[PDB]
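This file shows deoxynucleoside kinase complexed with gemcitabine.
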Amino acid sequence: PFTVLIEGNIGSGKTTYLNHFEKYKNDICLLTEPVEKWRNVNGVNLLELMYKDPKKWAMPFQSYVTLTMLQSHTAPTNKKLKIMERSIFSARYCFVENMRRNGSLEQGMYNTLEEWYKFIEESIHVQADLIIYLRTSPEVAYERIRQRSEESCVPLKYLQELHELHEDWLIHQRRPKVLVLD
Amino acid sequence: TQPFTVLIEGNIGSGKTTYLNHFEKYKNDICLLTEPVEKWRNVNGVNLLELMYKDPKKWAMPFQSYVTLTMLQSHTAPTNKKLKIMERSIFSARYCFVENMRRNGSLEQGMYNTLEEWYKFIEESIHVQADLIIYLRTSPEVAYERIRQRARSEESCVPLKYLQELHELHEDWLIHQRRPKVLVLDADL
Ligand SMILES: Nc1ccn([C@@H]2O[C@H](CO)[C@@H](O)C2(F)F)c(=O)n1
Ligand SMILES: Nc1ccn([C@@H]2O[C@H](CO)[C@@H](O)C2(F)F)c(=O)n1
């Protein structure tokens, strides 16, 4: 099916934007970021644990993120258009890269996650037809986060870092059709 | 797309490498798959096996994640041969090795739960071919001696206690069963 990925920083407006599509649920496969799964891995909130102790929990959290995303990407649909919030690509190019850069993933941990990504991309073609990038400034992103969880103590520098990674990927073509919304 | 497949299972020091070498003269008809130790030793220059033995609380989860991946790659590896024989499996990883790291505290609940979600999704996504298991049944002490009598490597300091627990887990799975056809070989010889 035709596949659209909604990408953007934390606090870039994706959840509000996606709520619009909650009424097209019989023409469109609407796959919202599985944060509820991440908050409840048979009683364990991996999202909370990662934010609390990244050096310990970034690895298993991102591994579980990789799996949930992989599930969403490969889920069957009759609908002729699929819309997904985030992807295995942003997990890899932005989130995992940043955790490597900031030291939360030691080399062997980074390497394990990379081998999974390589294996997935060799075993299957993941459908990405269109990327919609909700582009924001880290300041704007920071303020959405504060005007509304586990993530509320993200520093601005962390948002700045995730911002440039999205810019590198989606504007400057430093990683592998992109529509840039404001 | 997979041939009749035999998995060779046993404790560390149960004689699996020696046993598997007997099938090398039959490589015309047998796809022979050694446990992917060489991969684990060199994950883009990182030895995950050594790191796991050095500090299991830190490295058990990424190590067993990569083990899963490499076993998956062996299970699914393409062959024209009539028979595939594999050293260990995604089953011993899950039911023995991960189970013991969970019990001894190297894997916390969330870490264990992540690996289990992977195993669940793998068994929903593919049928892993497993037609026969050959269990090399040894006593922990003989396994222990075997390890101590051979070249120094990452596992050379595994305690007898660790071996004893792995033994009971192999017994749970392959004898009591207890876990979801086994030929039992006396490998204490
Ligand atoms: N690959 C990913 C994807 C998402 N997240 C985090 O999940 C929360 C909800 O989007 C956000 O707090 C978050 F974006 F930071 C993450 O840490 N890594
Ligand atoms: N799932 C698995 C499979 C194997 N191993 C370990 O790998 C080494 C070589 O057999 C042995 O030291 C070993 F068997 F312990 C492991 O830790 N976890």
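The order of the sequence lines fixes the chain letters, beginning with A. Quick note: numbers on chain A are straight from the PDB entry, i.e. 20-167, 170-197, 201-206, in order. Following the PDB entry, chain B shows residues 18-197, 201-209, kept in their order. Side-chain atoms are counted along with the backbone in the values below, which use heavy atoms only and exclude waters and symmetry mates. As the structure lists them, so they are numbered: ligands from 1, and atoms in each ligand from 1.
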| field | Other chains near gemcitabine (ligand 2), heavy atoms under 4.0 Å | value | B
| message | Could you identify the single nearest non-hydrogen protein atom to atom 17 (O) of gemcitabine (ligand 2) and state the distance to 0.1 Å? | response | B/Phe80 CE2, 3.2 Å
| task | Check whether any heavy atom of B/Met69 sits under 4.0 Å from an atom of gemcitabine (ligand 2). | result | yes
| query | Which UniProt-listed ATP-binding residues of chain B does gemcitabine (ligand 2) come within less than 4.0 Å of, going by heavy atoms? | reply | B/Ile29
| request: For atom 3 (C) of gemcitabine (ligand 2), find the nearest protein heavy atom and state the residue, atom name and distance (0.1 Å precision). | output: B/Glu52 OE2, 3.4 Å
| task | Starting from atom 7 (O) of gemcitabine (ligand 2), find the nearest protein heavy-atom neighbour and note its residue, name and distance. | result | B/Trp57 CZ3, 3.3 Å
| task | Among all protein heavy atoms, pick the one closest to atom 11 (C) of gemcitabine (ligand 2) and tell me residue, atom and distance. | result | B/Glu172 OE1, 3.2 Å
| task | Report the nearest protein non-hydrogen atom to atom 14 (F) of gemcitabine (ligand 2): residue, atom name, distance rounded to 0.1 Å. | result | B/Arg105 NH1, 3.0 Å
| query | Which residues listed in UniProt as substrate binding sites of chain B come within 4.0 Å of gemcitabine (ligand 2) at the heavy-atom level? | reply | B/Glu52, B/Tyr70, B/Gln81, B/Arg105, B/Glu172
| Is B/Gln81 in polar range of gemcitabine (ligand 2), meaning some N or O pair under 3.5 Å apart? | yes
| said: If the cut-off is 4.0 Å to any non-hydrogen atom of B/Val84, which atoms of gemcitabine (ligand 2) fall inside it? | reply: 1 (N)
| Which residues, given by chain and number, make up the 4.0 Å heavy-atom shell around gemcitabine (ligand 2)? | B/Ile29, B/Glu52, B/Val54, B/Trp57, B/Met69, B/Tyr70, B/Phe80, B/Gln81, B/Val84, B/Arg105, B/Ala110, B/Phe114, B/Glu172
For gemcitabine (ligand 2), list every N/O pair with the protein closer than 3.5 Å, one pair per line with the distance.
| from | atom 1 | to | atom 2 | distance (Å) |
| --- | --- | --- | --- | --- |
| gemcitabine (ligand 2) | 1 (N) | B/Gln81 | OE1 | 3.1 |
| gemcitabine (ligand 2) | 10 (O) | B/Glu52 | OE1 | 2.6 |
| gemcitabine (ligand 2) | 10 (O) | B/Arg105 | NH1 | 3.2 |
| gemcitabine (ligand 2) | 12 (O) | B/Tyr70 | OH | 2.7 |
| gemcitabine (ligand 2) | 12 (O) | B/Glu172 | OE1 | 2.7 |
| gemcitabine (ligand 2) | 18 (N) | B/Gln81 | NE2 | 2.8 |

